[PDB]
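Some notes on the structure that comes next.
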Amino acid sequence: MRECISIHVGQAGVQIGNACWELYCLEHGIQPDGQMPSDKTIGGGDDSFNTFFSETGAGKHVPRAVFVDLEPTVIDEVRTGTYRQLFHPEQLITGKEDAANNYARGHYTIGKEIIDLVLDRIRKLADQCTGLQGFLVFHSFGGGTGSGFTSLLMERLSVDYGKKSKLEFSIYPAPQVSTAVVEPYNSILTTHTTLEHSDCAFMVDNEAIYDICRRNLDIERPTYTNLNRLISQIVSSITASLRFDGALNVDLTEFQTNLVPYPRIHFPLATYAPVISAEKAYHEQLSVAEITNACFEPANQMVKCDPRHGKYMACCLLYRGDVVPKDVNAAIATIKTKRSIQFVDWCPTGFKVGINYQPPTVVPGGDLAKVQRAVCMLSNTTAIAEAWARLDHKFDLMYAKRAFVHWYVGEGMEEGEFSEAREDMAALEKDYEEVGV
Amino acid sequence: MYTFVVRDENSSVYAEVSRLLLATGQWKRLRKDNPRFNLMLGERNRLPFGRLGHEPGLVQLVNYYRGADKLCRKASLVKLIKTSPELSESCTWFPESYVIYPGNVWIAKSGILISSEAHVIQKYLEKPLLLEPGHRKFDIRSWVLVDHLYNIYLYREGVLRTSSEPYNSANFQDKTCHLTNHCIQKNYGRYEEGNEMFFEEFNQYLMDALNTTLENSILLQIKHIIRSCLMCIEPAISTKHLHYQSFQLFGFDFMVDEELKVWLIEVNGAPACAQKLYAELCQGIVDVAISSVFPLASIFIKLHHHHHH
Amino acid sequence: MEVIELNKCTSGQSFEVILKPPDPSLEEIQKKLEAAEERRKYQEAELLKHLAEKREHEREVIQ
Amino acid sequence: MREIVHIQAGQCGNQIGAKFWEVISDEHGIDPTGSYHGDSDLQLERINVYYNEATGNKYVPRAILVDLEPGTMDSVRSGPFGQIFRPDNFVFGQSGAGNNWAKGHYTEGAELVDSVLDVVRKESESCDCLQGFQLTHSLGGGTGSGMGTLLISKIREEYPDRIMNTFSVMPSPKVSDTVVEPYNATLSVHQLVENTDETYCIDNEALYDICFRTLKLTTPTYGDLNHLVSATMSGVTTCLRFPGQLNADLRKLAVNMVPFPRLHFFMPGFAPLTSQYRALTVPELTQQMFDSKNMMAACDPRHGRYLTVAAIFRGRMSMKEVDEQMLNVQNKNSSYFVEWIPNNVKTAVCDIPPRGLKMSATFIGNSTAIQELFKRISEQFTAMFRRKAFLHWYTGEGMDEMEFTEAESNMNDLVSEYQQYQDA
Ligand SMILES: Nc1nc2c(ncn2[C@@H]2O[C@H](COP(=O)(O)OP(=O)(O)OP(=O)(O)O)[C@@H](O)[C@H]2O)c(=O)[nH]1
Ligand SMILES: Nc1ncnc2c1ncn2[C@@H]1O[C@H](COP(=O)(O)OP(=O)(O)CP(=O)(O)O)[C@@H](O)[C@H]1O
Ligand SMILES: Nc1nc2c(ncn2[C@@H]2O[C@H](COP(=O)(O)OP(=O)(O)O)[C@@H](O)[C@H]2O)c(=O)[nH]1
Ligand SMILES: CC(C)(C)c1[nH]cnc1/C=c1\[nH]c(=O)/c(=C/c2ccccc2)[nH]c1=O
Ligand SMILES: [Ca+2]
Ligand SMILES: [Ca+2]
Ligand SMILES: [Mg+2]
Ligand SMILES: [Mg+2]
């Protein structure tokens, strides 16, 4: 096998990390203290789950994780929480003073004083690996730490680990759950500086996860805890092929080859079904056809957009539970004739299916009901550019007036980096249109 | 109190809709670049559909169906009909059309060329129906309103945009007998006002001259074509389940031949209404397309047909 | 519709189905981190220069 | 970033400042001698923000009490919660400042300033992570106005990276001690434009009108005005003094509220206004806190446009109904919020309500309508200054007429700058 190091930068990164590792532990049968009874080779192993967990002589299973936050309070809840024994203290890095939702403070000012420490603690995990693949990076677009420090890390990781693949799990900003007003700046700034350094990035618009939690979980006012437990189910779906036996997406390089033919256009759209409430008394279980067909409804997407007005470069169907190849092919046949699924001319119109027979694990006392079968569709569609256009329009409104810009400049950043970043985004929107129209 | 914006100043139709909304006391107009609207009355080119339905606590409606341009551009309309199984190459109500990029009479269009020598090259209807007294060509315009639920509402008043010149088989270069457009004519107004004959008179002419009705001889075929064309594209453009909703007014242009067969010529995405009919149609757009979504404090015919087979 | 490269195992199976065929260096980073720190320290100098002028005016008024 | 250092300067500064510690000590369950007698752990979870822990589990306010005369600071020490303050932090002179900005800023206050800064250094030193300073004062007197702005300038020299916020009481002829208040305020406003990250513009005109018109008090005392001030000060400091999943310090808040450095003068507001039995519904709080009558700065928000809005609700209520009501006023009065800062109205809810009310709301508005306040003080200034009236009091303390001309010009530039963004 080949090892994968997860990095969780900022509040949104850290708390989504929490949710994912909680779920990974339940899936692999690893307990809060770190013992995995079903694991028989004590002290080590080259199993599929070992890509995400190292082992000690005492029999503990330790996440290959680094938690980074420029203030202590969020990572302090990891240190005193249910999974406190799971991590070594050196994995949990915290500063004193945060980035104040300021990209420039996170990237330049406070980034500089902590970057060499974080890379050192990453090197401590990379030296425990017999053959490192690379990195899964979790962060917000809107935070100062999430946007600013992530981009500096991603720059340095290309230098220190030039041969290794880098994946992003990015939280795209939604006004309904954010109190940050400067997020459009932070989002464009980090997307510009990270673009060449990220091989494949899974965006999750908080707006989509929020309304999925309202519409499908009957939650009146969804908290971050509601959103994170649902996001981690999608993340798990995506990373399951790295952690279990299988022949599709077995390494980080295969995510790039399958989903990203055009390197700059490395933002696949996640769609996930079914999301069903645990409080729901009576639930008629959905078939392979119904949940595959739900992957083409915009209401189940991680980012709200319309794939019908755009084109596909790749599509992957990752199934969890009771599913067999012929039921999937019958569903794809029915769906092809009904819906508008147009591919680009140079790419084959097809689907890479992966099935894992273990149904989705649900967190006990959670909001999601147990289901017989589920699916996550990863599709690289040009429709996701809708999310860039929105973010860029918000940028242009604020930036025309130089609103908030003094905070960034005051932390050493140049005004030229704003329009430089916006031009890369202007080029990115133009790349999407050439391909998709 | 609902809010709207106006991003198409040339639109004579939605100028009146803007006016009718304001004159209720329950619709405020905002600036062109304000995001916090309930209704967008949008531009023709590059309408930002990607920014719609992302404002929290606002149900957002727009007066264009994204992707409806595939029915309204001539090149795409021909490609839609040939490729779609439910319309097909052997489509009885569409003239034989071909695509080459920049009785054997044809017509080229997108500057209009009618010849045998010589964009889309369409089969030209050599023996059309000729109104008398006059011996002159016409085309029928019908207005169709598709709402947010995809109910297809045909407006009961259409109009015949007539030619005032006698039709000539040998003389093709003279455009005023072959092309029946309103601008090209302006014998302008000899037989009827502004080269516009309305449905009441045209029904009466058919009765007196041909012993049939508009409903039977022509309108049945029009309703079949409108329904066939829109239900074809419903999966591509429908806003059911979608985070923003769309309606749109369309203009269907028809041609009736000598044996009373109706032919589709063009569908029009941003159509203008006839002078008399603005007041009624623009009130209808408000009642059916806007007030259904945003309730305050029939002129249409609904097109539905579920034949079992 | 062709079902290719089918691989099976005890925990799952995978296959493809085809419907139809067709970086800056460590020098440059550590440089431009420090270039923003020069602008940060220049701006803080201009502040403590401006506040030093306020202090000399404060002495001039009382004198 | 957790600890805040509080400073109160002058009669007014110490009066409203003493009420702040009366209100928040009750909210944190701290008695008049400093001992904790609460019940919830939420009362002690972020008690470090405003209190130091002393021997015997006593809680001592991180408060420095400044004046150039003993009078008011002797009243504070005799008053109900006076014993809680650290005795070393009472730093005072003797001769006073006679409502004279020059005396506070250049002569009398210069003699005292370094001993006040020693106490600030003492408190700042034993702070794990100091997030910033807050100051209570008037701009119409001598001490709070002149010495308060001198302290602000000295604190910025020694702590250039810390946040400086003020609760600055504005003078008005309706509630007026001397005719020279417009002079003292204009000289102070120029200082605040340079040296503060936020200034809460408490207008005594507005506090009077609220007491007179919308509270039916015929003869309002300063205690009646200060009641409204202390309620607001509790409200603006709530989100730091309690949770609830809000990950914000002064800098983060300042970053999201201040789009332009000089335009950091806010319009405070409170709902319901008190001096009740039926608790307000979420719609009523929302309409009242946005209402002009409930604004603590005598400006009409309809005459300007909102750059940013912050609203913090207190009590047990439906967050869904809060979101619905906050979205209702924005979407029905969208002309009054600038389109070029998307999603500029932000909201928090705190479960713990203040004393006496079942639910309340505190409004913080960065509106361009605040220019009306500065225009009103600019007119009162010019009326006197065109005839160089009362200037001998300031020139006798070594000031030049040029410094007045500068200050006049700087405040009229501030008004021009607010006008620019109102029309854009
Ligand atoms: N899905 C999700 N989004 C979050 C969470 N926490 C914060 N966010 C979002 O992230 C953005 C704010 O960024 P944060 O991650 O809180 O900021 P940070 O990275 O800690 O950076 P600083 O606060 O500037 O140090 C907003 O869009 C929030 O809605 C979370 O737990 N889950
Ligand atoms: N195949 C055909 N047979 C007979 N007449 C035809 C024809 N194609 C076009 N015409 C005539 O040419 C006229 C104008 O052409 P067409 O309707 O294609 O373009 P147009 O753009 O002017 C319609 P509109 O602007 O109202 O959407 C029609 O009114 C019709 O009478
Ligand atoms: N709101 C309020 N304003 C006050 C109070 N005391 C004085 N003022 C105002 O402050 C100004 C006088 O300043 P003051 O603080 O007495 O002078 P200082 O002691 O030299 O700072 C006048 O405009 C008064 O209206 C008070 O207790 N509350
Ligand atoms: C999301 C919310 C409502 C917390 C918010 N967003 C931006 N601002 C605030 C609130 C405040 N913003 C402030 O700037 C603020 C200032 C403050 C706090 C304590 C002491 C002095 C000033 N106090 C606040 O309560
Ligand atoms: Ca093992
Ligand atoms: Ca002396
Ligand atoms: Mg943070
Ligand atoms: Mg006094």
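We name chains A, B, ... by the order of the sequence lines, and we start the count at 1 in each one. Indexing begins at 1, ligand by ligand and atom by atom, following the structure's order. Header entry for method reads X-ray crystallography, 2.8 Å. What you see here is only part of the deposit, and the contact count is restricted to that part.
- The largest share of close contacts with ligand 4 comes from the chain named in the PDB entry as Tubulin beta chain.
- The compound at ligand 4 is the drug or drug candidate plinabulin.
- Other chains in heavy-atom range of plinabulin (ligand 4) (under 4.0 Å): A, D.
- Recorded in the deposit, the name of chain A is Tubulin alpha chain.
- According to the entry, the source organism of chain D is Sus barbatus.
- The site surrounding plinabulin (ligand 4), defined by heavy atoms under 4.0 Å, contains A:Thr179, D:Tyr50, D:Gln134, D:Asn165, D:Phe167, D:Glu198, D:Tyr200, D:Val236, D:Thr237, D:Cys239, D:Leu240, D:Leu250, D:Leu253, D:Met257, D:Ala310, D:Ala311, D:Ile312, D:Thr347, D:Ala348, D:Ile364.
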